[PDB]
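Lab note: Androgen receptor, dihydrotestosterone bound.
For reference, chains are lettered A, B, ... following the sequence lines as listed. The numbers used for chain A are those of the PDB entry, and the residues that appear cover 62-68, in sequence. The numbers used for chain B are those of the PDB entry, and the residues that appear cover 62-68, in sequence. Heads up, chain C uses the PDB entry numbers, so what you see runs 668-919. Just so it is clear, chain D uses the PDB entry numbers, and the residues here are 668-919, in order. Side-chain atoms are counted along with the backbone in the values below, which use heavy atoms only and exclude waters and symmetry mates. Counting starts at 1 for both ligands and their atoms, following the listed order. Looks like X-ray crystallography, 2.2 Å, at least that's what the header says.
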Amino acid sequence: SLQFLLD
Amino acid sequence: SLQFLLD
Amino acid sequence: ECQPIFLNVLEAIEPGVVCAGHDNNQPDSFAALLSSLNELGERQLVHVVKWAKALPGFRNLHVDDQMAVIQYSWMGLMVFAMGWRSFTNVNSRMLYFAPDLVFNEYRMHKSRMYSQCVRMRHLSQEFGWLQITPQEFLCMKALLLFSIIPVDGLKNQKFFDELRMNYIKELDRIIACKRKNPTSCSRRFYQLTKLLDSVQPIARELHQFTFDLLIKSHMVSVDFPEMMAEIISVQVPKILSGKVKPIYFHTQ
Amino acid sequence: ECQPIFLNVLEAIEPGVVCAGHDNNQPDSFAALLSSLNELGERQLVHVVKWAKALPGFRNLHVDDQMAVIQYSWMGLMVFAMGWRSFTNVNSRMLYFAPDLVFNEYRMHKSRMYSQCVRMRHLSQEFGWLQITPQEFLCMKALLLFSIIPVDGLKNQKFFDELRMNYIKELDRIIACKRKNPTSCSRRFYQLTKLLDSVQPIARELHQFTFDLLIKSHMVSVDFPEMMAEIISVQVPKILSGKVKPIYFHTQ
Ligand SMILES: C[C@]12CCC(=O)C[C@@H]1CC[C@@H]1[C@@H]2CC[C@]2(C)[C@@H](O)CC[C@@H]12
Ligand SMILES: C[C@]12CCC(=O)C[C@@H]1CC[C@@H]1[C@@H]2CC[C@]2(C)[C@@H](O)CC[C@@H]12
Ligand SMILES: [Cl-]
Ligand SMILES: [Cl-]
Ligand SMILES: [Zn+2]
Ligand SMILES: [Zn+2]
């Protein structure tokens, strides 16, 4: 997940 | 050998 | 006053070298070369996220716009970076994707994307032809983050506009530094941004190609890692339908 | 008339990227890190011979002088090249010896040559600090081939002198290109050659070190490949006794 990395 | 490579 | 203001940060946050993990003992098959390129992409994307987070101003965008700009610009960003690595490490003779994944003509033919590779090699040779300096390269690259957006705009459009301009202005400080003649800066800027614009049609041909490959990838033994699969299945059709378009520096 | 005359050849003959073949699964031991550096050296030396052969004018020297200059200059040549690779690929944060042999601080400590590594890292950071361009890098490097000779001279001394000057003059064309003010070229040349001179004491500390290591290498499990062993056992004592000395661009 993109979203977890951005976090 | 250096010499063989130079040749 | 044309001493750079983000350049020191750009140097400190430049990612290091990422390997594909490609087993060079194996045949140059379409399945093996593409599986590695997709693997190299997923790894590069972790670096691009961490770099973009650290880039001055990027974290001021709405969190959603952060996501949209990473999702639409990653292809051009990684294409431009590879060009530069190809130029510095092998003088453009080959596409230097990663140290363990270097494409010679034979790999370019077996990847079934020979004309797109030729176009990347050409972009790589421009770094030599235009004598692009390493400082110009890092400011040009940050510009590429800000060079593709929805036609309808992002949540905080005016903020994205402001950040874009600040990166245009930083590339201008790097130009004006070692130049004394008033008119020479805009002439160098013009040659640099022509170069950035020629990244856009390459990134578009690679979007078409990877979208077309992802939906048939099971048929041809090509492995797409999950993050890449996700971004390409959902986002790339938006670029192909013209919902999301590049910002060109010059009419095309 | 300050369009470069050997620069296109310098680009076409630049060697590509050479791996050490180091097994990164293994402990950072002194024996493992040095065995790989010596292996990387032997491999680089094959590239340096083929490059030097292709360099304009080099094959006019007496065959014996060809041998003497390769044998005395290889250390500075490979040090300077690594600096540049360290700068382009990881921004000088680490010594980029080869893609599979990258030295972080911990490897610099385990190699027992920590202060010499610090000196290389510094040289690497100068490429950034002085904004060395890729064209300047290739002409500076060819100069390093011509920067260490016997005190008594070579067989064809006056010819070596003439070739040296032609490489000083080529680096001068690369400087004068994008510079309009009469005085600016000699000021850039001066900063560049100060940089080339600081390669010489680093190459001398590494000569002492590898000579001292080769004669005890059996005691410490360090493998020296045959070509390297040969050049270091016979030639390096000539540099240590002052029979062979660097040509400095400035008093020291
Ligand atoms: C961005 C990458 C991977 C990283 C890079 O150096 C540039 C390169 C350009 C072509 C891309 C590739 C990732 C995987 C893609 C998208 C394949 O599915 C087809 C073309 C590939
Ligand atoms: C030239 C090399 C190997 C190639 C390189 O990138 C620079 C590097 C600098 C230190 C040298 C090493 C070759 C092997 C040596 C000479 C060791 O025995 C000690 C220091 C090493
Ligand atoms: Cl000018
Ligand atoms: Cl000037
Ligand atoms: Zn200006
Ligand atoms: Zn001049």
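Every copy of dihydrotestosterone considered, the relevant parts of the structure are ligands 1 and 2. Other chains having non-hydrogen atoms less than 4.0 Å from dihydrotestosterone (ligand 2): D. Interface atoms of dihydrotestosterone (ligand 2) facing D/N705, defined by a heavy-atom separation under 4.0 Å, are 14 (C), 15 (C), 17 (C), 18 (O). Per-atom contact check: atom 21 (C) of dihydrotestosterone (ligand 2) does not touch the protein, criterion being a heavy-atom distance below 4.0 Å. If you number the atoms of dihydrotestosterone (ligand 2) from 1 as listed, the ones under 4.0 Å from a heavy atom of D/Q711 come out as 4 (C), 5 (C), 6 (O).
The UniProt domain of chain D that supplies most contacts to dihydrotestosterone (ligand 2) is NR LBD. Within a 4.0 Å radius of atom 16 (C) of dihydrotestosterone (ligand 2), the protein has at least one heavy atom.
Regarding atom 12 (C) of dihydrotestosterone (ligand 2), its nearest protein heavy-atom neighbour is D/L704 O, 4.3 Å.
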